[PDB]
J.: 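Model shown: Glucocorticoid receptor + velsecorat.
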Amino acid sequence: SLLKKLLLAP
Amino acid sequence: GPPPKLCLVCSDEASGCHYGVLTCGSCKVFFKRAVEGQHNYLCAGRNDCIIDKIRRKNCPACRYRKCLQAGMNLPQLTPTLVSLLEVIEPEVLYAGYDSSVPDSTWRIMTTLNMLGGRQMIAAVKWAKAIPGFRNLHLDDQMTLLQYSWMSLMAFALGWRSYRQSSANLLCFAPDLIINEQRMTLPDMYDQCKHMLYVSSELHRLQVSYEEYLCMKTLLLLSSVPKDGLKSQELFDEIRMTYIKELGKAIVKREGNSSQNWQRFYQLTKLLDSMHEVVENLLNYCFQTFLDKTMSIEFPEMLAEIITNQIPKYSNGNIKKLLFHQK
Amino acid sequence: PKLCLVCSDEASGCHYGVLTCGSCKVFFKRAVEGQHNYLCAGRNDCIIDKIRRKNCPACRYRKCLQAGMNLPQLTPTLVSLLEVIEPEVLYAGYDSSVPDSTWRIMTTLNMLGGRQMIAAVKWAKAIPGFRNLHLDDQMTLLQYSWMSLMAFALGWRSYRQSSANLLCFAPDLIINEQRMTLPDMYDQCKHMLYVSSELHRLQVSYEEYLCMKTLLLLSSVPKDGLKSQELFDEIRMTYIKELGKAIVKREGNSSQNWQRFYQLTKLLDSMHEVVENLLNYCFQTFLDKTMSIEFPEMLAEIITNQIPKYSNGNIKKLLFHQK
DNA sequence: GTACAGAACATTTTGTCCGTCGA
DNA sequence: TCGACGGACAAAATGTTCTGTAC
Ligand SMILES: C[C@H](NC(=O)C(C)(F)F)[C@H](Oc1ccc2c(cnn2-c2cccc(C(=O)N[C@@H]3CCOC3)c2)c1)c1ccc2c(c1)OCCO2
Ligand SMILES: C[C@H](NC(=O)C(C)(F)F)[C@H](Oc1ccc2c(cnn2-c2cccc(C(=O)N[C@@H]3CCOC3)c2)c1)c1ccc2c(c1)OCCO2
Ligand SMILES: [Zn+2]
Ligand SMILES: [Zn+2]
Ligand SMILES: [Zn+2]
Ligand SMILES: [Zn+2]
């Protein structure tokens, strides 16, 4: 979920 | 009186048609000297220096390259895709390596893993800025980075090593350069040689900056899940765009109909060998990560990708894209 | 270890406020006095190092101002013998007045290669202690390492006659980039090119090359051992010691010498994969009934006798690093 | 009577050796 | 005695003119 959170944030 | 003929190489007034090309006197003898002289001219810039009357003494690597692009033998305020790639190119990060303390395989590999984690963070923000990446599904974006992170790291490291240390050393960061002393350290040599092949090929091929920028984006789009992606139809047209983009950079560089293909052949042939470089780099990285006895430190970001990748390669659910064999 | 803050060459003192070499001191004093319009050909971030300081004067002057500048021999040695018996350079006999072909080039190189392989036999027959081995070992070692010897000798010739960038096969048949992209040629050249690249990367000596090639002849052995294994093991470690002696003759620092032996013996090891990959294409071509490339009888005999040894696993490839 | 290749001279740019002079 | 400055000298890199030679 750490890689996903980097993608999701603007 | 007739309009002065121009030198197809330095744009100064041409003295005639020397060595098949409309060239000046200074450019003619520079070319006869480069051929017979046996020189391994290196570029201080990025293999795309401007050759003109004022700057022809500047770079002999790019002047001798321009003589071959013109054919010797014996506006621009409309952004392009590669002009965006240049502007979104990640910055140089420092390792934070304490040089006042003796080297060790553990300290060197730990520092580079902790650095590689930060390089990965930038590689994510870089991917988001590539035109069309955030258009694809989130599960596809996550997959593409997970699959091609080592292609992007060994490609950008190879280019930094090519440019900064004449392709002799690995230039991980300005403060952590794997020299001849550090390479002969335990468990170092073999992994460094794989990174050095990338640098040694970029050296042999004299890759230009625009070409490198295109090959790097193409590396992100080089490993796909065996069955496909959630937005595979879109993925294909995106990858196809950067192949045409690479071809555009090869047209500037070569300036010749038959040269343009021989060039495309080699760059795309290198892009293929990158799968074998990453295959070998990941074999040792995965072995080290699982090796409890070595106990080297991997950051919270990188460890997460490593764990979620080990059974995907050992599953065969990875369709490696090729330009030449298949 | 004093280094120039501008060109990274060995600094000669504290010049004009900064620790620089002599060449940068006068570059700076010149660039200041001579009111110059130094234009950069790149992006004003050119690399200023020893080799490329002559290149961008605009970037060198910028780096200067950034750093803070302002105003009786009769006893022959083992390696001396290897120098004498080292084979002469041969000629491919390639007529360059007719366009190039993959068939024409591979066939000419196979023909020259056959002759180079005969010269390897006369050369091995003269290596001190090699003639002492059993004849059915002298020919086993010659058969196993044949491609290792030819690739390493070609790699040395390519390194010597230019740098890593091309393949100097014969004085009359050099393989340039336009020749390399002929059908089927690229992948086979890629392996040969590596050997010249490593020889270049390491800046290998002639005395080091001579010793390494002898170790390449003694690099592959039979899985069931040689008929003269007592003597082969003794000959091999004599040449390993000889390679070390040739590394001594260079720098001379204990750790520098050890590291050089590590890198040199790592290359001697990698030659097993370089030869394994060179043979896969050679054997594929030899059997191919579409390409029709002709191999000389000298090399055809070796290829035929080596294909089933390769499959059966009767080749014990020796390793210095055993990783 | 033009137009090139290569050699011969020439200029430009870069790098070293050395004496001076202050500390 | 040492260490830096600059001048004098040298090497490397680049550029021009003259000549032969093919039309
Ligand atoms: C995870 C690996 N760990 C293992 O394999 C191991 C050995 F620990 F097991 C780790 O890999 C890398 C690979 C590249 C790395 C780093 C650190 N910096 N760079 C780098 C440099 C320049 C640019 C970019 C870059 O990507 N820049 C932008 C982002 C995208 O666009 C451009 C990245 C770590 C590794 C660690 C130590 C190693 C090693 C390999 O190989 C040699 C022996 O020591
Ligand atoms: C058998 C191969 N044929 C195939 O693999 C193929 C293509 F047919 F499949 C053949 O190999 C070689 C390998 C080295 C060769 C030659 C010819 N001269 N040298 C050489 C040069 C310098 C030194 C020495 C040497 O040994 N000197 C001393 C004597 C002993 O001590 C030292 C030998 C042919 C080959 C053919 C064509 C190739 C090719 C490879 O590679 C690229 C694509 O074209
Ligand atoms: Zn010109
Ligand atoms: Zn350049
Ligand atoms: Zn300097
Ligand atoms: Zn510059």
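Order of the sequence lines sets the chain letters (A, B, ...), proteins ahead of strands, with each chain counted from 1. Atoms within each ligand, like the ligands themselves, are counted from 1 in listed order. Determined via X-ray crystallography, 2.5 Å.
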J.: Where would I look for velsecorat in this thing, copies and all?
T.: ligands 1 and 2
J.: From which other chains does some heavy atom lie less than 4.0 Å from velsecorat (ligand 1)?
T.: B
J.: Out of B:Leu112, B:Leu185, B:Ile108, who is nearest to atom 44 (O) of velsecorat (ligand 1) when you count heavy atoms only?
T.: B:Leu112
J.: Measure the distance from atom 40 (C) of velsecorat (ligand 1) to every protein heavy atom, then report the residue, atom name and distance (to 0.1 Å) of the closest one.
T.: B:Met195 CE, 3.9 Å
J.: Counting non-hydrogen protein atoms only, what is the nearest one to atom 30 (C) of velsecorat (ligand 1)? Give residue, atom name and distance.
T.: B:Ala123 CB, 3.6 Å
J.: Could you find the nearest protein heavy atom to atom 10 (C) of velsecorat (ligand 1) and give me its residue, atom name and distance?
T.: B:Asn113 OD1, 3.4 Å
J.: Can B:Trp126 be said to touch velsecorat (ligand 1), with heavy atoms closer than 4.0 Å?
T.: no
J.: Identify the closest protein heavy atom to atom 41 (O) of velsecorat (ligand 1): which residue and atom is it, and at what distance?
T.: B:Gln191 CG, 3.1 Å
J.: Which heavy atom of the protein is the closest neighbour of atom 4 (C) of velsecorat (ligand 1), given with residue, atom name and distance?
T.: B:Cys285 SG, 3.7 Å
J.: When residues of chain B contacting velsecorat (ligand 1) are grouped by UniProt domain, which group is largest?
T.: NR LBD
J.: For B:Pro90, is the nearest heavy atom under 4.0 Å from an atom of velsecorat (ligand 1)?
T.: yes
J.: Tell me, which protein residue and heavy-atom name are nearest atom 18 (N) of velsecorat (ligand 1), and how many Å apart are they?
T.: B:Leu115 CD2, 3.5 Å
J.: Return the residue, atom name and 0.1 Å-rounded distance of the protein heavy atom closest to atom 23 (C) of velsecorat (ligand 1).
T.: B:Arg160 NH2, 3.4 Å
J.: Pairs of nitrogen or oxygen atoms closer than 3.5 Å, one from B:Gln119 and one from velsecorat (ligand 1): do any exist?
T.: yes
J.: Which residue supplies the protein heavy atom nearest to atom 12 (C) of velsecorat (ligand 1), what is that atom called, and how far is it?
T.: B:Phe172 CE2, 4.2 Å
J.: Does B:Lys216 come within less than 4.0 angstrom of velsecorat (ligand 1), counting non-hydrogen atoms of the residue?
T.: yes
J.: Looking only at heavy atoms, is any part of B:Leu157 under 4.0 Å from velsecorat (ligand 1), and if so is it the side chain, the backbone, or both, or is it neither?
T.: both
J.: Please could you name the atoms of velsecorat (ligand 1) that B:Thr288 approaches to less than 4.0 Å, counting only its heavy atoms?
T.: 9 (F)
J.: Just curious, which residues make up the binding site of velsecorat (ligand 1) with non-hydrogen atoms under 4.0 Å?
T.: B:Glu89, B:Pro90, B:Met109, B:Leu112, B:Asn113, B:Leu115, B:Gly116, B:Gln119, B:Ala123, B:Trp149, B:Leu152, B:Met153, B:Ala156, B:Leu157, B:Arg160, B:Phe172, B:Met188, B:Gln191, B:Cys192, B:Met195, B:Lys216, B:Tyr284, B:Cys285, B:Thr288, B:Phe298
